[PDB]
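Opening remarks: the structure here includes fluconazole.
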Amino acid sequence: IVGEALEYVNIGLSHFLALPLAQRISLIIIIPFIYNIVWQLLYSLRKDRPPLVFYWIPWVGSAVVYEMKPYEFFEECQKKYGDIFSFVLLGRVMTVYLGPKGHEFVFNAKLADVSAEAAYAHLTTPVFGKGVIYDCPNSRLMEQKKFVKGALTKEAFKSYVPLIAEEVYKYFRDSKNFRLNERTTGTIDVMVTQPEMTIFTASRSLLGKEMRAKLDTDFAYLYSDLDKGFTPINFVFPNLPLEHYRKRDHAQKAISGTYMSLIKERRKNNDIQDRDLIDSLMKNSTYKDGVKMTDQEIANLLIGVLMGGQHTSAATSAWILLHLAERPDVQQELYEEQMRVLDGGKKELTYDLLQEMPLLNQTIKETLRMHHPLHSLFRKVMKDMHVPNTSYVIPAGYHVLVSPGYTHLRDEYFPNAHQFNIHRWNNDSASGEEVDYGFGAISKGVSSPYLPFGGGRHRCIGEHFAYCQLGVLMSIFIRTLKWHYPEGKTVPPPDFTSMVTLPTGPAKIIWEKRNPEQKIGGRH
Ligand code: HEM
Ligand SMILES: OC(Cn1cncn1)(Cn1cncn1)c1ccc(F)cc1F
């Protein structure tokens with residue numbers, strides 16, 4: 001009889017529940033631990049699945065090494081399994097496709113196969129607000145990008161340049177980090193100065209003088225609070241009742257309120273011109289089906305756009321300064337180009353003249369190669385995906401991870417990739433077939449090993465603005481200052497744990513005026 005064995009199942013179950021809590025706790029730990037390992041071993045036998053990186057701790061997965069050294073994690077996995085491999089990350093299964101084909105697979109994936117907003121809405125909506133970016137369908141995002149792009153034109157860039165230039169000079173004059181009229185040399189932390197210079201220049205040009213004026217008050221603290229809401233932690237804990245989350249939520253309310261106040265006052269007073277992105281979105285934010293963006297949505301879009309560009313650009317100008325700090329030869333070469341293009345300084349910097357500064361633009365290009373601010377980009381897989389020329393199938397519910405920044409640092413595609421060399425872009429200082437997803441014709445192929453601004457439908461639309469901003473900034477730094485490292489100091493390693501891969505601080509440089517007696521004018 002085995003009927004008596006079925007009885008012993010029941011008995012065993014009863015003797016189980018009657019175990020001392022010291023043991024049931026252990027079993028509370030050992031059972032999932034064993035099950036996890038047993039499951040992985042079975043998983044490896046499945047051949048329509050990419051290799052899965054082994055991990056001990058359930059749910060957590062490979063999260064620790066990934067969060068700390070993601071490029072080293074990728075290279076190790078790449079050696080062991082090749083370009084396609086999966087790993088577990090704090091509850092989710094991430095499928096990585098390395099290299100140009102990975103760029104194709106993910107950046108050019110069909111709209112039905114993957115979703116960006118499904119991956120990012122929880123990180124971004126709390127910070128930016130509702131209705132925009134990733135808190136809406138893709139077709140809405142496509143048109144939002146179209147709206148923002150319409151203020152990002154050549155003619156706008158020509159008007160932004162003297163404005164950005166003024167902000168940089170005002171910063172050299174008034175900021176405690178410089179004070180070039182009282183000081184001729186000094187030390188700065190680039191992770192202090194660049195975020196401040198970035199917000200000052202982006203606000204003045206994209207938002208206007210009103211909004212820029214507000215950064216000079218206590219209101220600036222709100223930006224700092226909202227800023228801290230942009231954190232990987234939001235992927236796991238997007239809302240938990242602490243004061244981080246309430247300073248953030250308050251900031252979002254307070255800042256979006258401020259923009260609507262300006263918007264509503266501009267429209268009430270017929271003061272809608274072609275100054276900034278606010279004027280632009282006001283006279284141009286009606287979707288194709290006739291629905292107009294609310295003033296709240298418009299303000300939330302401003303926040304997301306300004307916030308994203310803030311972190312990517314500030315990290316980038318910080319890296320530029322850090323690389324140049326140990327390369328006086330490059331500073332020297334850049335300075336000569338400045339003297340040549342601007343007639344020894346007797347020419348005012350214009351957007352057109354920026355375009356005649358290839359080495360300056362190659363310096364940005366090369367920094368973005370070595371320091372892609374977003375080391376990984378994700379999509380959630382919505383429908384089962386077959387990986388071409390493999391037997392692999394990526395199930396829905398998986399996430400795909402693309403990482404052009406990793407390919408940027410491979411010798412195969414960039415000879416001596418870990419060496420900073422702006423001349424590798426000689427005759428190629430620009431930041432076939434095209435396609436238009438709703439915000440303008442962009443490249444159809446996304447197979448370039450160099451993709452600092454991504455590609456496909458989620459491609460960046462701030463690239464020309466970023467080059468404009470960074471260009472003006474670096475042009476003025478180069479003409480005004482020399483700089484170098486404190487003894488023994490060199491380029492810091494990246495901090496991969498933050499929202500962008502900014503330098504590990506404190507990252508300090510020593511500056512000095514090329515012209516100690518040069519005075520910056522204006523009232524202060
Ligand atoms: C050096 C500076 C920047 C870099 C390297 C950069 C990089 C990127 C990348 C890689 C993406 C694709 C993200 C993805 O595929 O998930 C992206 C998207 C985007 N970026 Fe930028 N960005 C920069 C600056 C800016 C600026 C200044 C703005 C606006 C003024 C901006 C606005 C946007 C927008 C609206 C998207 C679309 C996101 C989507 O469609 O899902 N970015 N950027
Ligand atoms: O793509 C981001 C969001 N993100 C993805 N991984 C990490 N952060 C960043 N970004 C890209 N270019 C500029 N910022 C973004 C996209 C659009 C946006 F409006 C804000 C925003 F943070």
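Nothing fancy with the numbering, it's 1 onward along the sequence. Atoms within a ligand are numbered from 1 in the order they appear, just like the ligands themselves. Note: hydrogens, waters and symmetry copies are ignored here, and every other heavy atom, side chains too, is used.
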List the ligands or chains that belong to fluconazole, copies included. ligand 2
For fluconazole, which chain gives the most heavy-atom pairs within 4.5 Å, and what name does the PDB entry use for it? Lanosterol 14-alpha demethylase
Under 4.0 Å from a heavy atom of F128: which atoms of fluconazole are those, numbered in the order shown and with their elements? 20 (C), 22 (F)
Which protein non-hydrogen atom lies closest to atom 3 (C) of fluconazole, naming both residue and atom, and how far is it? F230 CZ, 4.4 Å
Short N or O distance, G308 and fluconazole, threshold 3.5 Å exclusive: yes
Would you look up which organism the entry lists as the source of chain A? Saccharomyces cerevisiae (strain YJM789)
Protein heavy atom at shortest distance from atom 12 (N) of fluconazole: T312 CG2, 4.0 Å
How close does the nearest protein non-hydrogen atom get to atom 16 (C) of fluconazole, and which residue and atom is it? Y134 OH, 4.0 Å
Identify the closest protein heavy atom to atom 2 (C) of fluconazole: which residue and atom is it, and at what distance? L374 CD1, 4.6 Å
Considering only non-hydrogen protein atoms, determine which one is nearest to atom 20 (C) of fluconazole and report residue, atom name and distance to 0.1 Å. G304 O, 3.4 Å
Suppose we measure from atom 5 (C) of fluconazole to each protein heavy atom; which comes out shortest, and what is that distance? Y120 CE2, 3.6 Å
